[PDB]
Amino acid sequence: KXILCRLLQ
Amino acid sequence: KXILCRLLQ
Amino acid sequence: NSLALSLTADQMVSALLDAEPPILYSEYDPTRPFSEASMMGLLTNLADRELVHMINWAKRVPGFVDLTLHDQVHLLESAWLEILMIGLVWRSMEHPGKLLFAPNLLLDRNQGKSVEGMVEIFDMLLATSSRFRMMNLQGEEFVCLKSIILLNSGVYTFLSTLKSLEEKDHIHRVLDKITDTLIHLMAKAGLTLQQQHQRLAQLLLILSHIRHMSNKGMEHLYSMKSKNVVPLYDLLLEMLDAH
Amino acid sequence: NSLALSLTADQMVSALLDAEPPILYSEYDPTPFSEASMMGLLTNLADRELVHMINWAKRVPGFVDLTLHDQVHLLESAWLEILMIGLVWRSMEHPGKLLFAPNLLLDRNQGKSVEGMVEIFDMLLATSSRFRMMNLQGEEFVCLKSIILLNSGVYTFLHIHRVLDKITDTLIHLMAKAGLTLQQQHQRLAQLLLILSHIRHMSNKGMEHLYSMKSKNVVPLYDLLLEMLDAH
Ligand SMILES: C[C@]12CC[C@@H]3c4ccc(O)cc4CC[C@H]3[C@@H]1CC[C@@H]2O
Ligand SMILES: C[C@]12CC[C@@H]3c4ccc(O)cc4CC[C@H]3[C@@H]1CC[C@@H]2O
């Protein structure tokens, strides 16, 4: 949960 | 078991 | 082959405007409590009726009847809901924030909450409707789109005889013909060559969203059929069993 | 706004060909499949591809100009469509077969290895045959994948359109330069866009399939794969 917003970061 | 083909045929 | 392939853009438009089904009125009782079971019965009753007229309309779309009975059945089983939906968004264009299921049945986002997992779908329908409004979609364009749906939806899901190859071939020829018609409408309206391509693209892209809404709607309808809130309408149930 | 809106069709194509992710190899070799081994193989490959995918999205003109929230929403909504079109594309030269990886070419039957899988295999194959038939070009393919990324979740949203128009422009340019007439250009543009709504459909069935396979406890719970799966 949240992994995506970080990778796009 | 066959309404569509009746109306189509 | 097919006589549909020798129509002029204007004859094509004429054919489709002519094929248009009648706009049905809901046959319900306004003095009954809004509930998951009453709502589903209302929308589901309307849908079932529209499917009978839908089958008549399909027979009038150029190129359709040239298909085998089996292919005709497939196409309709694969597009009946997209068709009910695009028809819905179309007559809901002039009704911001509302869905005009019938002339005597205009609902809005909030009456959708009346049923589980329904509001999301209402929002999508309304979103599409807004998009058509924003784009100022024309009736001539609308009928060209609905036909593209009826013919394009289940073609990549047929099967594999030599016969099916000729069928898919035929379908693609009619689809091209219809694209010709859309461009013709757009050119006559006075859009440049670039505006023509861009709009054509914008409209076709909206179709994949309608396909998506269709998939969610099937799942929803099927689940409601598990909760037992869907009357045993012979045709609707059949079309829903297709998938 | 966006620098992507000031690219020439040729620059646009160049950007897209540049952003192409690597073609991964399966990290295991089957050699008799089984529902659990098959799902682990395909699912393992997909999870990895999603990492490269995220990198790729960051390189598609106009994508990074969106908020982190919209970016997240676009990928959650199109990841499978993107994995699928990538699949059909590299499976073009393999009639009746799906080239999931250079070292993992399966065919319809091996699809029977998994429940409710063959139908999806058949649809994918149909798409691949269609592209073959249409002689889809690489330059056209990367324009299609970008239209998918940007167009999939935009109305499930509650700039993008400008970039979509640009991409349509590019596709017409490719078609014009190839020698097609104005009529053949519009027809093909329509034929390609139409195939997109079918890929959308395969994506929806795919989601349902993947989700059921999870319930059956046959799929290894990969972190990123699941997040993308749950997104919907
Ligand atoms: C199939 C559903 C009932 C019938 C509804 C309908 C009924 C008639 C019509 O012309 C359009 C629509 C769009 C949404 C449909 C609904 C989506 C979920 C619900 O189960
Ligand atoms: C998501 C599934 C596993 C992963 C498969 C995959 C995995 C990698 C890839 O590049 C493309 C595809 C297309 C079909 C996908 C399948 C559809 C059903 C299955 O659950």
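Chains: lettered A, B, ... by order of sequence lines. Note that chain A is numbered according to the PDB entry, with residues 1-9 shown in order. Numbers in chain B come straight from the PDB entry, and the residues shown are 1-9, in order. So for chain C, numbering is the PDB entry's, and the shown residues are 304-462, 464-547, in order. Since chain D takes its numbers from the PDB entry, the residues it shows come out as 304-334, 336-462, 474-547. In listed order, ligands and their atoms are each counted from 1. Determined via X-ray crystallography, 2.7 Å. FYI, side chains are in, hydrogens and waters are out, and symmetry mates aren't considered; it's all heavy atoms of this structure.
The main binding partner of ligand 1 here is, in the terms of the PDB entry, estrogen receptor.
The drug observed at ligand 1 carries the PDB name estradiol.
Other chains near estradiol (ligand 1) (heavy atoms under 4.0 Å), by letter: C. Residues touching estradiol (ligand 1) within 4.0 Å, heavy atoms only: C:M343, C:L346, C:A350, C:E353, C:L387, C:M388, C:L391, C:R394, C:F404, C:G521, C:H524, C:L525. Lab note - ligands/ions near estradiol (ligand 1) (< 4.0 Å): none. In the deposited model, no covalent adduct of estradiol (ligand 1) forms with a chain.
Of all UniProt domains in chain C, the one holding most residues touching estradiol (ligand 1) is NR LBD. Taking UniProt's list of 17beta-estradiol-binding residues in chain C, a heavy atom lies under 4.0 Å from estradiol (ligand 1) for C:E353, C:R394, C:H524.
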